[PDB]
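Here, residue 1 is the first one in the sequence, and each next residue gets the next number. Excluded from the calculations below are hydrogen atoms, water molecules and symmetry mates; all remaining heavy atoms, backbone and side chain alike, are included. Whatever order the structure lists them in is the order used to number ligands and atoms, beginning at 1.
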Amino acid sequence: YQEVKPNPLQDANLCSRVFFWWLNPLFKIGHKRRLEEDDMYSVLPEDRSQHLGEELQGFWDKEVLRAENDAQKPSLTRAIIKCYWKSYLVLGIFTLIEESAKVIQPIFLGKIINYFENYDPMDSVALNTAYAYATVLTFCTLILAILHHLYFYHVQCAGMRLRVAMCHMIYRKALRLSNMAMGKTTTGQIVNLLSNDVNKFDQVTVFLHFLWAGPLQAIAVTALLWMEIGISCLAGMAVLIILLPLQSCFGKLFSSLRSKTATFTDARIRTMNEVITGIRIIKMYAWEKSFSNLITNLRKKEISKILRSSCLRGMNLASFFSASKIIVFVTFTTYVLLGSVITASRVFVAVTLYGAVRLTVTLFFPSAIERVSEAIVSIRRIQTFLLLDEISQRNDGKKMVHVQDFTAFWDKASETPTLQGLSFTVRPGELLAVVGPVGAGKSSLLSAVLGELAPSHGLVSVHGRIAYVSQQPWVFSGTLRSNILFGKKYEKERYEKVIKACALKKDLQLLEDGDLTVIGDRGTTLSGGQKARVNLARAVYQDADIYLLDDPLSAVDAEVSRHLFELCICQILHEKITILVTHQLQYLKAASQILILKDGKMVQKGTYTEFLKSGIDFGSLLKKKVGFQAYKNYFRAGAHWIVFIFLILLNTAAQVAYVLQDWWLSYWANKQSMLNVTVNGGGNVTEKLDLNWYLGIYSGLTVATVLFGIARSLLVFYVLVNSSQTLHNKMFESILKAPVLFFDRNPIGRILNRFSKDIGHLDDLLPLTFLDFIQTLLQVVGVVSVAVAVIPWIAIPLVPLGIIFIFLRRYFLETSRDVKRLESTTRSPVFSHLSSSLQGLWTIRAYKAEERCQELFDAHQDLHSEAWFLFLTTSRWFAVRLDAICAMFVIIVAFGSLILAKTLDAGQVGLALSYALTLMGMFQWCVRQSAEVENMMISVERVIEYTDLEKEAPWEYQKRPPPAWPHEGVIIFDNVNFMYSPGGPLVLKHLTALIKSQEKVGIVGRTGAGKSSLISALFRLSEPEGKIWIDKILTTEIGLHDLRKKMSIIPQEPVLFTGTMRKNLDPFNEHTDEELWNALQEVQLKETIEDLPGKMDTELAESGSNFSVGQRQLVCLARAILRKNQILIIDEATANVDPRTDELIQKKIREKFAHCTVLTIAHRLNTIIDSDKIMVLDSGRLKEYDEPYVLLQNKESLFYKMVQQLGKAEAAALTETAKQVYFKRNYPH
Ligand SMILES: CC1=C(CC(=O)O)c2cc(F)ccc2/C1=C\c1ccc([S@@](C)=O)cc1
């Protein structure tokens, strides 16, 4: 724990805490360089982990008394409520002064609105009394703008505290476990409910306080608007009592979808895994045509079901913007029809109020109804999880282990105990050998000695420290030295002695950094034997009194195991209590005592000498930023630019019809009080405005908004869902015809991440974010336009703010990237701290180390908590500097309009002031959407980068051979060379061979000599060098499928694909069922398939797991027989094959392929000596090419040495059958 740079919040006043002035050095540092983990600030030292964990644990433990004294029901929510209710109302007085300054504001606006109607003479007194009204209006909006971010931050800070308090108490509980219950459950859920049950706490507390502040406004504004003109206020409210349950009937219908189409988007990704894991095998089968139709058919229902909710979800965003002119149209058409007058002093006072009461329950109060059950469903689960059960508390100087009549049960449901009357006593210096069959109860006996097994009968006594090693090598994250120490002090001499006695010198010499290299989970880098070795070394390093070994020597070979035994067990622990368990009887001669277990009963206990005189046999008992190019490419991939121009025109004439909609309200108000009032003084006229002319125009103009909203929110979605439909087809038909070399570079994990993650982000998340930005940007351009097209004196003092705003954005959006990247880096150093501890906790509590289990977890919690405050206080710095340019524009539009009194007639005064009052609140939401768009735009690169992959050659080229090809198969190799990569190491070096008609020529060589490369060049897997001539026709002039369909191959690893056997044997349905049945009877697999009810349509599992390797080899042989090709190739098909089915396959290929040219490559020499000629390949070069018998006469040959290497009798039988077939072929008479 280093004294890093603390937070300056403690040395700051209230002004710098509100304005976030203490973030200047951090921004200055992040602007000039890159921020790292060593540049973060510390959290408040008041409650890091312990003051938040123990305070919550105390109340929960005290609640147990109030639950046991009555014994009715346990409650966990009560402990949470009685803990934070002490300070919850101190923050509830801030929601009463701030949320109430939005109702008095229209009251003050109306007092200035109705002032210009009496300024005929000089009335400075009336201006003197209005100066206060024009000052309170601009003074009230200051608190409403600069006193909201602090409250938001103070509310958001309460969530992370509860999250940390819940995450701290969930780990200390899993140290008093109930293993039988742990065995009943699965460890895949305890670590799982840690990334989803803590994120909801940071959101519910934000809108939870609006519950009692919501309906209050719906009464206050209701009364203030009923005190208006009259009872005509009910028609406008009648709409927003049915508009609320109207959007809830759409969600229920949407819930039927987006859950039904998951049987088409989760069925192709899994199938792609089967076809992409073996492209090396599927490429040379000419089966891409039979498999492309499967994915094409599946890609015929996803988009068709997506565009049945793409409209239902797009019509919802077109109503939220159009509902601002329906509540205003109805309330006036029922007020003008009753008979009254129209003045500008009773219009904007209610129009502005028509939004504050609207955006309170429509968007601000669904969350306090929907985000409550999600934050209460986890509480009724965590409580039950933490209240499962607990364990029973348990604890002459002579160190000894005494066991007398021990009898215990693993589970109470078992009728037969695993241990039946075990009685044995060991002493310091004796070696107790534990041997027995698999499952006799040795490991359970060691666990009982450790005390992990609950004793039902008998008593055990242990005196001293116990060092136990499990059968499965357990290891935690850390270096080798830290793993061996396990909290102990580092002693150079002792460490060297343990390393020498346990033989880690070769392992440290082979590894680069020695014992200082960090090891991940499970120790994947080191082999299991090395893990067992380092575990034994750590166990013996503890210098304990009792040692229990659970098979630590079986994970290595004989020599090293004897080494470790004779140098550690016989020498180091010759004075300690050792109870070792081994299955090898070679180490029982050095053991002082041998105890045998069988079915839980103690057979015999004694030394190795007593077992010898008894005549008992041990063997018998053991046998059973984004550039414009990407945007242009995404815009041009949807359709022609004409639809984009039409959409721009539609948007222009859907935005121009929104500002002009209120122009009629001003034209009607500036005509009623113009000359129609002069009836008593100023004139005498009884005429009035024509009701059948203004109302009709208003109705014809207000219908030009809903009709221009459905045809404006149903084209962008279609374009964006059609572009993704054509960008995927040009990315899938160019990944199956790729070279094999490309697949060997990228792994399977990095090649499957471009078809599941960034394949659906451009369908739902991209359009919903892109449409919400283009409809918000046109909404802010109409607010500055109405303030300049009225008073042409505001455009001059407007360029400094515009210049400041552009420089402020690219001063903040160049540093928040590092803050968000560092948080995600140290986001989860928890999951790999418990997943590797809950699987091997059987020894974490047998060392009395519970003290060093919480301090390590708290260290990883602080590292993550010190990175969340930095991100939470960062967003509150740009939002306090963006509200300072919006709280200045309102003052310069009021004071500049008040000085021009004798220029207007309150019309422009009302218009320009009713539009610049709602700017604060909508100018900050547009910036977050643009940032999200810019952040989600770097994701779409791989879908467009994989669209220009090179190809080798078309499947067919030209001038297919006449229907007489192929023939007997005279193969002529004329200086052919093969290379897996262009310019890489050459594999074949001038191979020249002549294969005659109907001859059996086989390939033999060591591993890596080039056996597979020969068949790879023969099947034209890669373009080879030279001239390879088959059937007197060059293979380069013939297409790939025309060559691959006329040749059959039996690979080394028989890979079978899922589906029916009909498609596996004949995917093109070119053969009849009778031929398939005849082939299956000839391969002798007809009886093994008749027992299944789906003989012709068995649903075969992945990779042929339902059948053995021999059955798969027979299936491939039947496939090659059904192919009826004149060229057969076998490469290591009989290496892992039992001798019976091996000789069966040999007889089958000798009977059916007698007139066919076969290429037999096998590792066993018994399946090659019966061939006509053999090819011994060495380092890619051929050495001898002749019959097997004439080669054996030369003792200096290589194949003779390989034959003699298998033994004397084997080589004798081999040369005997070789001479036999030689005399049979070359001398028939
Ligand atoms: C600050 C704020 C938040 C916090 C958040 O982002 O979670 C928010 C959350 C929502 F679900 C919806 C809206 C808002 C919002 C301000 C705001 C709301 C509406 C408008 S109107 C123009 O649609 C303008 C601004």
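- At ligand 1 one finds the drug sulindac.
- Here, the main chain in contact with sulindac is recorded in UniProt as ATP-binding cassette sub-family C member 4.
- The PDB records the source of chain A as Homo sapiens.
- Contacts at under 4.0 Å (heavy atoms) between sulindac and the UniProt transmembrane segments of chain A, numbered from the N terminus, involve segments 6, 13.
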